[PDB]
Amino acid sequence: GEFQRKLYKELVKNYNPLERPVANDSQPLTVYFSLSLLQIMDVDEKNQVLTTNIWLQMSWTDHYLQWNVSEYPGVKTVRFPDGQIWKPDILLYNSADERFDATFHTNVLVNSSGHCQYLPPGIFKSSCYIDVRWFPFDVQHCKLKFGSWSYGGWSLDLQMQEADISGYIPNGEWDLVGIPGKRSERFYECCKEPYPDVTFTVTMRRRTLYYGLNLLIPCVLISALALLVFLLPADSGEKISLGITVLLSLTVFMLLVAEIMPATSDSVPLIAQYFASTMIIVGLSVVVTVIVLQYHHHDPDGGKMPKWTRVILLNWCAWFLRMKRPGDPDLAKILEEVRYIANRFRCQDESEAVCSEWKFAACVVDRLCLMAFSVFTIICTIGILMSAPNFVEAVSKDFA
Amino acid sequence: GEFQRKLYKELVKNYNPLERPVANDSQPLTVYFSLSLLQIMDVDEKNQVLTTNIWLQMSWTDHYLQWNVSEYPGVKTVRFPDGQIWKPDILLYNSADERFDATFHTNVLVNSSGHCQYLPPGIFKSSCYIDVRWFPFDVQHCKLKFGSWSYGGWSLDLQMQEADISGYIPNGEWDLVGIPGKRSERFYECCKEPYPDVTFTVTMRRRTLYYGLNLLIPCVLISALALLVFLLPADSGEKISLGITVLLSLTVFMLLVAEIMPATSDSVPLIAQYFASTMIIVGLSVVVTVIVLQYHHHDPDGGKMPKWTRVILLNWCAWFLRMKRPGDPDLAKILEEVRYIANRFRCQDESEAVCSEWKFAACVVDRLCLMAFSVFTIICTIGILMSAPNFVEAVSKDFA
Amino acid sequence: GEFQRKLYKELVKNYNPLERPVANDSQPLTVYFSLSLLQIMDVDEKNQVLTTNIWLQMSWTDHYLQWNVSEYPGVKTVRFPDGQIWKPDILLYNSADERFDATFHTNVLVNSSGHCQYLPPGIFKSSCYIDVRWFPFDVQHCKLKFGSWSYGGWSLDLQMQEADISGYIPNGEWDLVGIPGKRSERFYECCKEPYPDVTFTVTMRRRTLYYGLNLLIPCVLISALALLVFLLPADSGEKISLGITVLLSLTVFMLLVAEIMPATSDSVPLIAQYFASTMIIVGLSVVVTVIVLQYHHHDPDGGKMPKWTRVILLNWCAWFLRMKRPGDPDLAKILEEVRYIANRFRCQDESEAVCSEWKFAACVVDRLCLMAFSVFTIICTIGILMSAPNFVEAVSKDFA
Amino acid sequence: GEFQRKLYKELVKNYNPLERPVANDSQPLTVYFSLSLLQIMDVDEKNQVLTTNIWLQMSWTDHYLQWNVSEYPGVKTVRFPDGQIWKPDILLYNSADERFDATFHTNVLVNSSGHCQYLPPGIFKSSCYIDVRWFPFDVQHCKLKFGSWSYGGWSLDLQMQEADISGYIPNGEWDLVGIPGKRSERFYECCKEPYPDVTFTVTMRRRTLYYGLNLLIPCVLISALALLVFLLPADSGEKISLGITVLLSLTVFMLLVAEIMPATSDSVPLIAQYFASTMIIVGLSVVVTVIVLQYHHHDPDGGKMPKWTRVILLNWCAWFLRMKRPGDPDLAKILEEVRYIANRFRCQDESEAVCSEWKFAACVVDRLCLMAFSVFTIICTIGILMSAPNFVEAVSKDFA
Amino acid sequence: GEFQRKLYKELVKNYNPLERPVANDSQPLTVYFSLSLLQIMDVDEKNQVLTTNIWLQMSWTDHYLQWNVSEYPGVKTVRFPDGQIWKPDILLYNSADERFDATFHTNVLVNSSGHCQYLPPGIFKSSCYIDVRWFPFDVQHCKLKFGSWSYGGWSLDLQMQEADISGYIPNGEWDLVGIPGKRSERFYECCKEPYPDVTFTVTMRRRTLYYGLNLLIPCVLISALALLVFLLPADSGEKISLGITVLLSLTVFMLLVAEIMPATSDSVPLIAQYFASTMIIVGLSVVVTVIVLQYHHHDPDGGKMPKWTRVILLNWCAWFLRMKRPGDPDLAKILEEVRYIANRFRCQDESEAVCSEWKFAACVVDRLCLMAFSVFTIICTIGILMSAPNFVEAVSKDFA
Ligand SMILES: *[C@@H]1O[C@H](CO)[C@@H](O[C@@H]2O[C@H](CO)[C@@H](O)[C@H](O)[C@H]2NC(C)=O)[C@H](O)[C@H]1NC(C)=O
Ligand SMILES: CN1CCC[C@H]1c1cccnc1
């Protein structure tokens, strides 16, 4: 319209985008800054980078861009692109994007009295410390620091407004505990003037159903399956195969776990402790199985069972576990030959009895170690899992 | 020509590209918006991003860009590049691209009476919720929300038109169901003026032939092979090794499947339930194999067969399964020797009888568990596979 | 020089880069379009994207860029950069690049009579359907569709010229069959004016030496090795281990091939059919091995061999394979004791004979299944490989 | 300063950056072109690209940018940024980057006498054919082609200078042999105008210590370990597991090497034929092991051993291999039973004496195949490794 | 404000952003350069690049941009954007980014006396040589080389200020040691003028808790478990299975380690030496196991034990290891038929004695090799781990 054209022509006369729009030069310009979170796109733990979608909110007052609406009956607000108006240089300090600024430059909407709004959208990638000590039951706090780059405290007065989460779209993996903000003032080695900034601390909680049913339960099941090696009879020579293949499955699971975790040396993660405990238990079970097989195949005349071992294994541990241990001239020549055969059979019977005793001792050791290893596995698993904080509330929120 | 040159020179006289091309400033400007889909290029479930190829269609009326064809006989339409004509700032709200605007700026074609058309092509990436509860028999609805950033409802009148899919190129993995659209207007915390927007909901269905052939058939066949352990004689030791190798194969298949799936905790996927059921069945098979092996290698004099075990296995189940039950002084001194030899043979005889009885019990247990596990696996796989909605439709559309 | 400076000053006088350089505003402007292929950079089958290196070739005639060479001695050609003279807005419709234009804007060479040439180099990513039905003996036709975006048939008359391949650099994996071109005009839902375009079809063939030697032959030897299970004697307990290990290796190969191929449900790939056949054969071999082991370890007193089973296995198949089937009062007490031992030995001998007969039947079944499986796998592999079209051409070209 | 301010004001007066700075328009402009390499950042064989760090060097003479130093004391050189003075359009033809140009436009430094110098830096990404025939002992020649895009020899005649490698930073994998340059002069069919271009050939030699220590040596060790199947006694049923597990390790190594290799079908690479030979050797070892196991477990009465098998294995191969051949009325009825028992024992001993011959034949075949396979693997490995032309150079430079 | 509006109008009057802002053109302009480090974002060992977050700091003095604060009250500083005032062209030579300059162009702040400050932020990708010989216990020195591109001695002399690390954010992987810098002069053959540059050497120490808990310890544990083959009785067919399964775990773990190393042939890394040592240890263990099994299953009448072998393995080593050495006519017919049985039993007994001697010799060999390998592996591991510098500091810092 003619009035719009006239206003647009009159508004830009003698205007200078480099100038701060203040009536008095020695007074700071107040700028209100706020943030609107729409979605959390990614939390990369290996690279420790948070990718979110946010709209910035910058509102201030322009002294020159004012007019009387009576003289311009139709128009009420105007709009200016980048480069034709003065804008604050609000930047994210801890950005991780290759381009340090990742905001789409939209229009600035101007009031009939000079008020200016600026709502640029953006996919922001920032670097925040990520703690994996209590993984997967962890809670993360990532900071977002915004501030003016070249305007101090005596030039641009930054004020904070509470963040907006009405448009938030819930994420599948991460809950949103919340985003509080605070305004701080700092001194930099460059200069001798305070530089205010606004920091929003996004606090999220990880939902644990996926990891719990994909990574924890299989490990428990395989660890419990590794205990069947103590139930197999020694004659069926397939004990080392069982133990070593369970160990192989466990170590490939360990590699799968480690491929998604950053190589930080602050502390030992909970799942790392879990996998170490499972590794140790399976290795000890393999060692015990080797000892049991050594007992089972003992050479009957190789040696004698020591008295202490005989007592401990035969009369005490069997009592504990309620196990019962099993069990005419020509005539003389024929006589001595059949006597020789009978003596040979008697010696064979004694050797068999000794072998049976050794086999029973092996079975007793096997059962005792089965009981001990089951108790160890249960106690270690329960302790490691319940050591983490907020585990109860994570379980209650996710699995129930 | 001279007419074209003069018309271009005249049409830009006192033209401000910063004003809405309207005759009456109070009245809004109507802009017709539409979309033209060309190809659905990618659907990333892990990152939950939809990548498509679309042409936007914007149509409006410019009041200043009008002329008489009689004065310029040759010229009928003109073309204005980016930055020299007023264009709506319509963009995608939910964009998952590093640059928030992924459209290609092209010329605007202008009528002889002020009708401007704008057809910018683009490769658009958006973030939409991906539901994997019914993988692979799932249907996805992804929303594209377009709107003007800085023009409210009192200055811009966004009117929806119907999407065009006449040039759509079918995809080899996703079968397009449709793409309806709807207009809405919302209130934002920024301001006190309604803002309209247009949302197009792409509804698509996944073709399941590839997944059904490459992922479900191998698992079914491998689980069926896992049931061969109950048909394997216990004399040859190959049962534990076979079962554990099948377990390893299931583990690698599970990791391969989980490599491509989102780590969400909204619900337990159907494929995850299927894999868990198969894992449990194979683990129970290994446990039963251990029990049968322990029964078969039972030492003869190490105990007596319980009456309950006898009455459960040796008679009842054998009847039900129709398995037949398999069954001068020297003239003195030589006599006790031959009696000793005969008695030793007799003792060996009834020991062998007891061992044969135990082996028959083991065979009975093997047959029982074979039947039970076959029934269980068939029921479980059929129920899990058929529990998903629109599964018969997917089968009848892909396989037949 | 002075003449060059004068000419450059005169040419840009009153020149508008927005108008079509035509003497008459009604007649269309003829533009000659051509392509120069340099290399086939990539063919992503999984994403279905063709990346090529090409020089476009646009030629037209400009009415305003003319001068008399006599008045400007020495200068015979001028050059104008991007944004100072009119250029066609020719784009690639099938672009899969994040930016719809992947051309490098070079200079425009202008004649002494107004003939303008424009050869912008570029690396182009386009979307074409990659058929994988006959992997790896397949031929691909990928389309590159170029056209003007905002100029209709009444303004820009597009013309086609034969593509140039004189600078083609041969690719190590693809053989260029050819690159024909066609010109068509289509009607779009936007407007009521035809829009001409030029489509170039790149037809190329895949060389099948790498795949044949790395992926098909090793599977053939693995399948052949799987047949050795029908030669191991049953006493050596390794048949199940061999079969299951071969099956695991085949599954690993299956995952390796599956991770490069698209997830399309359009058709069943030939390689998928071939691997499915190999896996089915191996599984059937494992089942047959289980049956043979069950026959071999038969209880001597379990059950008599059926008459039909005897008359078949021990006679018909036995003759077919030309294998022959193997084959004083104390004196009374002494006699009665010796007779019992003799009778026990006789019973043992008869049981041994029965066991030997069962083992011979198992061997017969083993050899019969060996012959059957070898024939079946040979014919299946030959048929699947030979079913592909141009298989003979591919093998001849890539091997001989 | 005022002097350089006045100089800058005077120089750009009536200056056209589109004009070729030559005093005489008929004469062409001499441009000296050179390259300075700093680093071979990457050599990708799968994608066949070369990434290097390069400073270009362009030198020419300007006719209008000249001044007298006496009139402007203290000013000897000036500097002009991109887009304000004429610059050559030299480009790299065989580029492999999404943007065709990969240079960083720096300033142009200018003489007091008009000689212009220009040194843009860049991370250049070109495409060259990477031969892989003699991998790892391969030498690569990659060509960089530079030329003007729209200037001929009667407008701009390119010259040469030797490439500078004084600042080259040695790479840890590739050894630089040289960077020779060739100046090509192409003629068209229309015109006698030369067209000069400059091509630089980077010659690189791969340092093979890493590959020879991580791929060749472990494969040799595992293949040698695979030869122990001919040393294991057949009684311990573990002759098949060794071979199958070694074959699985070989397949894993083949997958590892195939992950990094291009899919070109130009020739069979050295590492590929090496792994094929090892595959064949292992498979033949498994077949021989099956034959030996068949010999060992022969039935005692399943058929007389062939005369040829006797006369060869038991005599000739035994002589060669220096292995020796290992090795009242009731009283009559009592007599009959004792004779029966003795005859049974005689028959058992005679039958047992037959199996010893089969076991000895198995041992003979085992040792003979051991020596044969040792010779085979040694010959194949030595020949395949020494077939490369650079083997001696590589082993004398890297390992020594 | 009117004062700053007038000041901004006055400052840019006759200002040329091309000339060097110095009062006397014969004197160099002093520029102070430094940087502030914020974070070490990534250290890529495979690609040999270093990603850091850095704020440059360049300060100088401008002769023209000066004013008296009395005439413009309330205005103390001004801000100019890129392209409106002169700035140094300081770049980083070691850049590894696609765009050579990765800095972000912010405003330049000018005081009342003409002092100019410029602090652009950036994420810089440098290319520094990474020495991986002592990995994990590694210390890295990475150089950043900053300098002007087209300014020399009497044009611009660069001066150093100390780097600032007061804002450094600790990394969980690398422990920063220091960032010492150096100002260096390069002299040309042209003329006596220094060319200054500034080099900053970042020294980082890797924190080795993650690697020591994920690579070294599990390798030690599995290698120790590989020694259990020397405790398994030979009667259980699992020695080869144990050894080769441990070998498989070792080789897959080696492949994982090689996935993260760079393919540099300058030196052999510590972890590679350790893995090779474990390879040889396990292979020799397998060979010894084969020899022991060969001794165990020796034919009783296939050859007497050599005298040397007897004296070595039955007296000397047995006393060393303290192993006990393990454990009417018819009557004539009866006599003859009984003597046969008696003599056969005696022959069986003596053959059993020979077999027992062979088995005891095998056990002695097994124990000897157990002790030898147990010493060897400990010695090799301790030596390899302790052969690295700063190992004691690394453990005492990371672990304790
Ligand atoms: C404008 O800013 C500069 C910042 O360097 C001031 O220069 C410093 O001023 C302090 C105060 O006397 C001195 O201690 C420093 O030695 C100065 N630095 C240098 C390199 O000279 C400068 O004084 C300020 N000018 C005005 C009018 O405020
Ligand atoms: C044929 N052109 C290219 C695609 C749409 C169509 C068009 C028509 C009018 C204005 N812009 C584009």
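Per chain, numbering begins at 1; letters A, B, ... match sequence-line order. Per deposition record, electron microscopy, 3.0 Å. Atoms within a ligand are numbered from 1 in the order they appear, just like the ligands themselves. These values consider heavy atoms only, across backbone and side chains, with no hydrogens, waters or symmetry-generated copies.
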K.L.:
Please tell me which drug sits at ligand 2.
P.N.:
(S)-(-)-nicotine
K.L.:
Quick check: main partner chain of (S)-(-)-nicotine (ligand 2) by heavy-atom contacts, named as in UniProt?
P.N.:
Neuronal acetylcholine receptor subunit alpha-7
K.L.:
Write down the other chains contacting (S)-(-)-nicotine (ligand 2), where contact means heavy atoms under 4.0 Å apart.
P.N.:
B, C
K.L.:
Looking at heavy atoms only, which transmembrane segments of chain C, numbered from the N terminus per UniProt, come under 4.0 Å from (S)-(-)-nicotine (ligand 2)?
P.N.:
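From the N terminus in UniProt order, heavy-atom contact shows up nowhere.
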K.L.:
Which residues that UniProt lists as binding Ca(2+) in chain C have a heavy atom under 4.0 Å from (S)-(-)-nicotine (ligand 2)?
P.N.:
C/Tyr188
K.L.:
Indicate the covalent partner of (S)-(-)-nicotine (ligand 2) (residue plus atom), or none if absent.
P.N.:
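The entry gives no covalent bond to a chain.
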K.L.:
Taking heavy atoms and a cut-off of 4.0 Å, what residues surround (S)-(-)-nicotine (ligand 2)?
P.N.:
B/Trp55, B/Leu119, C/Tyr93, C/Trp149, C/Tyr188, C/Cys190, C/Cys191, C/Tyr195
